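Here's the structure, in structure tokens; my notes come after.
As listed: the chains are lettered in turn, A, B, ..., one for each sequence line. So for chain A, numbering is the PDB entry's, and the shown residues are 1-119, in order. The PDB entry numbering applies to chain B: residues 1-225, in that order. In order, the residues displayed for chain C correspond to 1-213 in the PDB entry numbering, which applies throughout. Keep in mind that the numbers below use all heavy atoms, side chains included, and drop hydrogens, waters and symmetry copies.
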Amino acid sequence: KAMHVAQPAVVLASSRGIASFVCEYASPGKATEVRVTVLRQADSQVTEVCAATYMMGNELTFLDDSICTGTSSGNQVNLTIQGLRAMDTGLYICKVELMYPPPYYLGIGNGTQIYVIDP
Amino acid sequence: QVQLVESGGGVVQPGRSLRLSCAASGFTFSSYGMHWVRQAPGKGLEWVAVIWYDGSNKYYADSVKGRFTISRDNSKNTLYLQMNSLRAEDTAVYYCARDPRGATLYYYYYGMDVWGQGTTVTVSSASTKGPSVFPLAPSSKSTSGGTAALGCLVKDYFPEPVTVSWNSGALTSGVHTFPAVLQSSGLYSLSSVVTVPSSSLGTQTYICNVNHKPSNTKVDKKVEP
Amino acid sequence: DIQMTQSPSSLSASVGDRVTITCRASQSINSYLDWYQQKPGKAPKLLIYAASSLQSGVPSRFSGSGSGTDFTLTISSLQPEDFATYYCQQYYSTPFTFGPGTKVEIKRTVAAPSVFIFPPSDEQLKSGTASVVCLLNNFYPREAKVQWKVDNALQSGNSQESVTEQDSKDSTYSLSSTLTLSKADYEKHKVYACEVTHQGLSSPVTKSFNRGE
């Protein structure tokens, strides 16, 4: 089967505006370069929340004052997003792309609905 | 009024090189992935290459790997395709097309939503040649139930295209102008036919108007019994 | 690479028909599939993306479904503007391969061709070459066989065919076949015949002429 990217269906941000979720994926070959992108979908519009490239055998790292922080044990990432406000409520999609060596592969996550309230 | 305009196409000798350009206007070019796709005469679509919005990554069809290079200059709203070591089988219309790649409207919106008009690349050693225009005379063996067939054979020209009209455009119904064929000589040939009332021969004059612009060639041929 | 296949190669339909065509990938591509429409002389147009989402401005009679390896495009009620060729394309993994396309053409009753033959003109003959042209006019369906015979000998490797796009007024096709010979070869023989096979004919029809008669 094709690359599969899975993430929880719903996450609630803490009262401090911090939300965490795992993005885990089943990869085809041995890519040496992987792009991980977090997109927010709402209101027929999409924006990039954060993105990072990882290479070698390193942990996905977001650089530098990003609102996103990550880990990674193999082909998965625990993402943490800070500074969220009520207006940031929406669908957060993890996109994973195998970039190098070719061929390219695309993996789009099912999406995590993040709910945020202003304390 | 999104626009993609290709240029650079033409005749090129086998083994040689060509650069195609695709100029964009009416949208944020630097936000879109761009592709080249080609289509050989009478054949289906074949994907050639893609380049990321910021030029950071590119991928290629296995048939062009090692010979073609895709690039872009976002400061000039322009996409390029450098084609080296060209072969007869690279003959095709080349299209450029944009792709939002999930960066607008929806995160899953991937697809070539706007295409250029195409530019034609003809890989051949042939030299420019105007056509010979021969009559296809109506007769006993081209008449049927009060209708007669007649036409013009437009033979041995290069490159494409030629255009054909009958009686300076006055005669249009019953006209069939066929797609050119490429002969083993490397020159093109086609025919144009029209069926007319068998009555009309000898009283109505029929003339095929043939035009080959790359030759600067204009021909009128009266076709008679 | 990922091989995309499409069925059928061609289908004949009428206005108002529900039409469904299929696309298959040689390995799973999840839902990462586009459908395109193309008409002769024109650039392709995106119809469907992510297997089932409708491109803006595309009529709602168009729908798509599938995920994994098998996909369908459906037109709930075929309209005159929908007669075209349809291509699928995967974008899961590079190269981003197209299917071979499915042509949707207009259905009509079977019509045998009107068959005409044209000897070479004397003008062409004066420069050393002879073209014989056989015309198959206004027939349906498109499939036809044209065999050249010279003094009853089957010809091979010296003829080429051309076929028009389906006519929009009467839904027919026409076909031209051209036999090319040296002048010397043309004069060494007498009887030039075009033999035609087609669904509309109960047995092959021969149109012929005798050189110099």
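- Between sonepcizumab, canakinumab, tremelimumab, ipilimumab, the one at chains B and C is tremelimumab.
- The chain in largest contact with tremelimumab (chains B and C) bears the name, in the PDB entry, of Cytotoxic T-lymphocyte protein 4.
- A heavy-atom cut-off of 4.5 Å gives the following epitope of tremelimumab (chains B and C) on chain A: A:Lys1, A:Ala2, A:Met3, A:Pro28, A:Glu33, A:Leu39, A:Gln41, A:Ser44, A:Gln45, A:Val46, A:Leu91, A:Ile93, A:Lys95, A:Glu97, A:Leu98, A:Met99, A:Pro102, A:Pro103, A:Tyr104, A:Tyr105, A:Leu106, A:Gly107, A:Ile108, A:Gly109, A:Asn110.
- Paratope of tremelimumab (chains B and C) for chain A, heavy atoms under 4.5 Å: B:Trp52, B:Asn57, B:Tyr59, B:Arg101, B:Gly102, B:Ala103, B:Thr104, B:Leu105, B:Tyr106, B:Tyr107, B:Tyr108, B:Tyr110, C:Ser28, C:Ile29, C:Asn30, C:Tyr32, C:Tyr91, C:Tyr92, C:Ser93, C:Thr94, C:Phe96.
- The deposited model's entry lists chain B under the name heavy chain.
- By its own naming, the entry calls chain C light chain.
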